Peer 1: 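Have a look at this one.
To find a chain's letter, count down the sequence lines: the first is A, the second B. In chain A, numbers come from the PDB entry; the residues present are 19-81, in order. What you see of chain B is 1-213, where the numbers are those given in the PDB entry. Using the PDB entry numbers, chain C covers 1-221, in order. Note that chain D carries the PDB entry numbering, so the residues on display, from first to last, are 1-54.
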Amino acid sequence: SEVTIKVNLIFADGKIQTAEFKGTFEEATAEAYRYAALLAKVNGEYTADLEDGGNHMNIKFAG
Amino acid sequence: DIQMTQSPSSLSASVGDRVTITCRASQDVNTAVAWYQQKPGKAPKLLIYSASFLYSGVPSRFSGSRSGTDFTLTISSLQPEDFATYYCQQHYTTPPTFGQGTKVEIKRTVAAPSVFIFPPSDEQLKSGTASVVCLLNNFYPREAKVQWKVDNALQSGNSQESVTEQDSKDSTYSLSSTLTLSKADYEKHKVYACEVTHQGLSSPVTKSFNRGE
Amino acid sequence: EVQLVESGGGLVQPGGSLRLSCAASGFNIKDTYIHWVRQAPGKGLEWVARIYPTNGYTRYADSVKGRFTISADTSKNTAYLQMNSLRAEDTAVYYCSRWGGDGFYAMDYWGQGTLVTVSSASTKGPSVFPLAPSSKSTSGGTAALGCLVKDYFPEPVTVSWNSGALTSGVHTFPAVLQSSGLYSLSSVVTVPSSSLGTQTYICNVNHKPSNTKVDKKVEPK
Amino acid sequence: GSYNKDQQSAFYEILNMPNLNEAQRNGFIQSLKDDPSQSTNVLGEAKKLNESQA
Ligand SMILES: [Cl-]
């Protein structure tokens, strides 16, 4: 449908950004994981913890 | 046609943070991709062209790169005036197509709103309608609950809110909630109250007046 | 300075026709591509059409083909967009831009944009009411006051304070579409409490579509 | 300016459409002048408009 996946981006230095991905659940999901992978190139390996049946993510970068 | 898929849909970050927005072309577009910044109500402004070249006069904190069909716009040190919707555009084939846009908002510390209320003017009351305006000035974050009570009765379906864009200097919002009634109904009642709930306030603030005071 | 200026936008009935102009200066359109790009309220940018005035080559978005035509008069250094068979979904701000100017392969200059509203509804000028400062609109030695600009159609309305001399502390809210089908907005300004009664505060409201121009002095009641 | 016998023919069809109002008729005529390459598309849209206002 039209869901909004909300994401907390938690960086190694403690900085936090928040992001939204819109689309069908599956498209939004794929887009959030793709974005995480991209950011990990600069910010270190990511870990994604899912909450609220996948509609909320916490993504941490190792540095 | 070629479509441009931008991510995320929105991103909120603190002044001084490094921010990264992406755009993906559905097939090869070489480097024929431009990035634009659009402030609400204004023409888009060119930042970057041919994927990585900075347009004249654009601050050096903006940069673009390309890997295959993936394009990235990076703001190296987010400034409060950088809030905008950013769009990518390919011109490799006609029709040139735009991405759906990424809205960038500035994160900052909490600030409670100044709350004020305005009765209907006498001029308006000479007509058949009364508008009661509740103002929340210069607050953050944007989230807030504003409820109307007339003679302690909770109002529903008869008010509308409007919210400003972030201040370009201090990144706060302001909000108006307008309660609309017929003159006759307005005249039937005496106490008009706007109740505001916000993160910055230790408990909700009610701003109130009596008709005719 | 390179400059593009769009004109000709306004209210038109569904099925109706309108013609936009884009007047260019500080460069010759014979040397560039000229594009039209639109943005529906709250939505993204959508490409509409382009011309290369030097040879007259044109291209169009599929959704406007046959209904809109782009052209250019190089002697007037002006481009045009004829728009027929208009529909509700054509409601948008329409921007003109150049591409290829000075060899830059992107849209480096844009006009300010011109709003096109496709609707069966009639034009209506706003009523302007004061939002008087009072003991209910003041705190910490500063006071809020404003103007309620109510019941107009179509967009847009502009509001300035003191003929543009007063810009600090001004918040002009985005218009809201009421249930009636008419728009309404408020503009407020925060000023020193002590200035009330000594400094004149006037909101200047202009609604071009109804030819309405109103200067409303706001005072404590 | 001048026109070929194809362009003259496009004008003629639109000129004669009974269900267009004068704003629409002249708007489409203007489009024909604007961009000869779009003649066929323009006539098609004018026809659709004409038919819908029958
Ligand atoms: Cl085409």
Peer 1: Return the drug name for chains B and C.
Peer 2: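 The drug is trastuzumab.
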Peer 1: Return the PDB molecule name for chain B, nothing more.
Peer 2: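 It appears in the entry as Trastuzumab light chain.
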Peer 1: Just wondering, what label does the entry put on chain C?
Peer 2: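 It's listed in the entry as Trastuzumab heavy chain.
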